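Snapshot of VT-1161 at Sterol 14-alpha demethylase.
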Amino acid sequence: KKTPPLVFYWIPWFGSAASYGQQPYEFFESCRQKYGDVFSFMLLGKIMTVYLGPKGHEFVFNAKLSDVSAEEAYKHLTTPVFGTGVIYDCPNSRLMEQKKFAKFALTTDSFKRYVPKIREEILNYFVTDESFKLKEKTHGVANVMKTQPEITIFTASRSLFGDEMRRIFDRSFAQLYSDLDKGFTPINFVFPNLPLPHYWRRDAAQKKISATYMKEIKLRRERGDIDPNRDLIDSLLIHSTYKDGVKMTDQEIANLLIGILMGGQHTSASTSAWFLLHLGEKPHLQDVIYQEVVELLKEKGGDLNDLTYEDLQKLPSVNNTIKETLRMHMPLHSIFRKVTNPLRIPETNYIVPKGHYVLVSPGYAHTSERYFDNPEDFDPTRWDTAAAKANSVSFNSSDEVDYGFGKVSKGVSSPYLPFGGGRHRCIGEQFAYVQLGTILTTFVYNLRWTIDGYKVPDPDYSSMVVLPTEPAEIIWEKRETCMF
Ligand code: HEM
Ligand SMILES: O[C@@](Cn1cnnn1)(c1ccc(F)cc1F)C(F)(F)c1ccc(-c2ccc(OCC(F)(F)F)cc2)cn1
């Protein structure tokens, strides 16, 4: 009957890019107050159709394969970074199965092993990195936009790839990852390939790192066994065959490893950076966690080195802090699909034309007064309440569906959806919690920190993930239990 209201703009190309780009949530809210929950806005020559709130979550996440395409929207963002033939550079059925393959490395039995490895890496960083140097220093300053991206790549690599990779992680591979990371930008939506050096370094890093992985894949296939059913490389060695019998090439497997690492490390880097800062602003929250962790280990007759995956299950303060950080700082502010066939928006007369892009934003709801009281207050204790819990469950469907990587909720109508929903749902949620939880406990047990200001930095929405604005540091002291 009707196409959704288009948000007025003056600049013929730019559209609403400036405002949407600077502050996505504010922009959405201004648009909502004028037009309602469903509106369109022009962006770099593309028409973005937004559906705010839980009903929007349903509309986009649970949209039919035949109606919208995620790979149409993401191809240019990721393919040049990860490599060809995986993730968005393949049909959806291939993606579904790749997710299934990777999930075999993301189970409890693996996690139980990952935890000490992830802690060890953190501890090594504490001793060797100039931010900490805990054997020499007693006070210090940590730029969390340096420490967290680095710790996250060390812990994730050690965990998912194993010790060998950790072993070869010298400064040469450091440059590559930096060269590749620098190529992982929203600029790829607009400029995926250019002949200025930055791209050259990126393409070259992709080839080099994937080759490295390929070598390790082949080497392990032949001889390797550090320990049983350890990791992601083990998993893909075994689980590399599609349902039609087609098998991933070792180059494709390598490329999938890059995707998984890059996504996981980024989302985790930002999340840990954010909860270090927010905890700095509110140091008493640190002491709560500390108290909980220390009592727990006292029960146990142990020290931090005794802290297990199972222990992480007994620490609600840790897991509430991560929830709250993902509420206030979802790493993805926007999630796109391309409209491939005219969508009718149920409970309306609107029709979304083919060629539009549909945009869903759980972050909006996360940070909206409509769903969360005092949304801009960082309070992990809200997750012990009914209201918050109610915001985490989907009213309409408690039934579950399997898209090919295991059963997920059919219902996505929850205001709080940090890990998305439906077909393209995250598979890294539990791993993220294991990694972030270990990071958080290892920090809190050894250190206490504050921030210089009275406020956490403003978020930067121009990055691949929502990162803290550039000056972002914590000032740390040692806790009586500091291991060094
Ligand atoms: C705080 C941590 C993380 C957050 C907040 C997060 C968030 C998300 C979100 C919102 C999506 C849905 C994207 C969409 O619909 O377009 C997603 C998908 C995904 N995430 Fe994550 N993620 C996190 C960590 C990880 C980790 C650690 C891994 C890997 C181990 C991972 C791998 C994936 C994969 C494979 C997808 C699926 C993409 C698709 O099917 O199209 N994520 N993640
Ligand atoms: O969804 C990602 C990120 N992710 C999710 N979980 N972990 N990582 C992703 C998915 C699967 C992967 F294997 C690797 C990935 F990194 C992704 F595909 F790249 C992804 C897609 C979209 C976005 C994104 C979406 C919207 C953005 O807005 C910036 C703009 F407004 F355009 F300026 C900026 C970034 C970021 N990463």
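In order, the residues displayed for chain A correspond to 45-528 in the PDB entry numbering, which applies throughout. Remember, it's 1-based here, ligands and their atoms both numbered in the order they're listed.
Across the structure, VT-1161 can be traced to ligand 2. Residues in other chains coming within 4.0 Å of VT-1161 (ligand 2) by heavy atoms are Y64, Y118, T122, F126, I131, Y132, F228, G303, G307, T311, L376, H377, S378, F380, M508. Annotation: atom 20 (C) of VT-1161 (ligand 2) to nearest protein heavy atom, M508 CE, 4.0 Å. The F380 neighbourhood of VT-1161 (ligand 2) comprises atoms 25 (C), 26 (C), with distances under 4.0 Å to a heavy atom of that residue.
Taking a distance limit of 4.0 Å, we find that atom 9 (C) of VT-1161 (ligand 2) is approached by no protein heavy atom.
Counting the atoms of VT-1161 (ligand 2) from 1 in the order shown, those under 4.0 Å from a heavy atom of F126 are 14 (C), 16 (F). In terms of protein heavy-atom proximity, atom 14 (C) of VT-1161 (ligand 2) is closest to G303 O, 3.5 Å.
Regarding atom 22 (C) of VT-1161 (ligand 2), its nearest protein heavy-atom neighbour is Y118 CE2, 3.7 Å. For atom 18 (F) of VT-1161 (ligand 2), the closest heavy atom belonging to the protein is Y132 CE1, 3.6 Å.
Atoms of VT-1161 (ligand 2) lying under 4.0 Å from any heavy atom of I131, numbered from 1 in the order shown and given with element: 13 (F). For atom 29 (C) of VT-1161 (ligand 2), the closest non-hydrogen atom on the protein side is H377 NE2, 3.2 Å. Ranking protein heavy atoms by distance to atom 2 (C) of VT-1161 (ligand 2), first place goes to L376 CD1, 4.7 Å. Of all protein heavy atoms, the one lying nearest to atom 25 (C) of VT-1161 (ligand 2) is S378 O, 3.1 Å. Among all protein heavy atoms, the one lying closest to atom 5 (C) of VT-1161 (ligand 2) is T311 CG2, 4.2 Å.
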